[PDB]
Participant: 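We have in hand a structure of Chymotrypsin A carrying aprotinin.
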Amino acid sequence: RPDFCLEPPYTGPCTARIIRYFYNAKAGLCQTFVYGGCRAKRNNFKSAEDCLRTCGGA
Amino acid sequence: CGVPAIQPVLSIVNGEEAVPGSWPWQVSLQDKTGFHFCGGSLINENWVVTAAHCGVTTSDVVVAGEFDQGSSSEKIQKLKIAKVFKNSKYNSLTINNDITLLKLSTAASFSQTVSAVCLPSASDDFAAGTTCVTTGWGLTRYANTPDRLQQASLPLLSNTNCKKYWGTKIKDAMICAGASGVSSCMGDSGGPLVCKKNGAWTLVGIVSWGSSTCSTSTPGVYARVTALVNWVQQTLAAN
């Protein structure tokens, strides 16, 4: 799986409160986090399904 | 516009609870489940101005006349969005031109707790040092959002003073304020930064971005409405 899947979630500098998903390699699942709305990193998905299809098993 | 039926009482991290309904243009942007993700400002009965990075869609809703989001009994207006007008010049990389207009499906019913904020003229000049106000339901600590609407008074900063920290990240459609002990934070984006113009509260900025930890000693960055108001007027006229 891509290494970006191992990066911690990144909220960013913007101040929106948008729910996004990131892959948590420690748990092996995609979890939710608050995204600020701009400058998202790649371990940031709009659905748990997209996240698991991209990072599952990393 | 710009004149609340309920006068606000002054004296967001380190802000204070606002007098209920004293910022009648403040709206909460929520998804279909009622989840608050951004703020916004009513500019008339059919339009709301917010930030482009909020990514509002027609599935989201505009909630007007709200004060306590933890109160299920509180009377509010859940307004559907007919169309979203994101400024085509919004730069997703630099965050410049961070503004979006929302056209409501059904007009909002203005009242004592729901009314519009005034818009400035593209040529308006709001001096640095001017004490303005920002409001919203964003985090009060960098955590869940406060139930009740918060407010904070803060000074506009000159571009020279802002750049002393943010350097070249400050673009032409941005204006800074803060670094004075208060800070906008997650959930405040899209909300207003208002200053009085001939006694009327006028939208000078839109909560945009800033310190990654919502530091109260760092300049907050807002979309500069004077640089974007012509786009606003043109959009309304054509729609």
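Just so we're on the same page: letters track the sequence lines, and every chain starts at 1. Values below: all heavy atoms of this structure, side chains included; hydrogens, waters and symmetry mates excluded.
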Participant: Enumerate the ligands or chains belonging to aprotinin, duplicates included.
Facilitator: chain A
Participant: So, out of the UniProt active-site residues in chain B, which one's nearest to aprotinin, and how far by heavy atoms (to 1 Å)?
Facilitator: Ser189(B), 2 Å
Participant: What UniProt domain of chain B accounts for most of the contacts with aprotinin?
Facilitator: Peptidase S1
Participant: I'm curious which residues sit within 4.5 Å of aprotinin, going by heavy atoms - can you tell me?
Facilitator: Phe35(B), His36(B), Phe37(B), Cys38(B), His53(B), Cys54(B), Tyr90(B), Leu93(B), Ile95(B), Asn144(B), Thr145(B), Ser184(B), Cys185(B), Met186(B), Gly187(B), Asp188(B), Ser189(B), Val207(B), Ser208(B), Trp209(B), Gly210(B), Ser212(B)
Participant: Which residues of aprotinin end up under 4.5 Å from chain B when only heavy atoms are measured?
Facilitator: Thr11(A), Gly12(A), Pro13(A), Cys14(A), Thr15(A), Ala16(A), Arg17(A), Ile18(A), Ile19(A), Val34(A), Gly36(A), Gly37(A), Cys38(A), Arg39(A)
Participant: Can you check whether chain A (aprotinin) and chain B share any donor-acceptor pairs under 3.5 Å, and give the atom names and distances if they do?
Facilitator:
| residue | atom | partner | partner atom | Å |
| --- | --- | --- | --- | --- |
| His36(B) | O | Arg17(A) | NH1 | 3.1 |
| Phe37(B) | O | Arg17(A) | N | 2.9 |
| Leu93(B) | O | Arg39(A) | NH1 | 2.7 |
| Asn144(B) | OD1 | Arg17(A) | NH2 | 2.7 |
| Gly187(B) | N | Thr15(A) | O | 2.7 |
| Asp188(B) | N | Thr15(A) | O | 3.4 |
| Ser189(B) | N | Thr15(A) | O | 3.1 |
| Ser189(B) | OG | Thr15(A) | N | 2.9 |
| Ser189(B) | OG | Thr15(A) | O | 3.0 |
| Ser189(B) | OG | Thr15(A) | OG1 | 2.4 |
| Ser189(B) | OG | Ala16(A) | N | 3.1 |
| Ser208(B) | O | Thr15(A) | N | 3.3 |
| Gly210(B) | N | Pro13(A) | O | 3.0 |

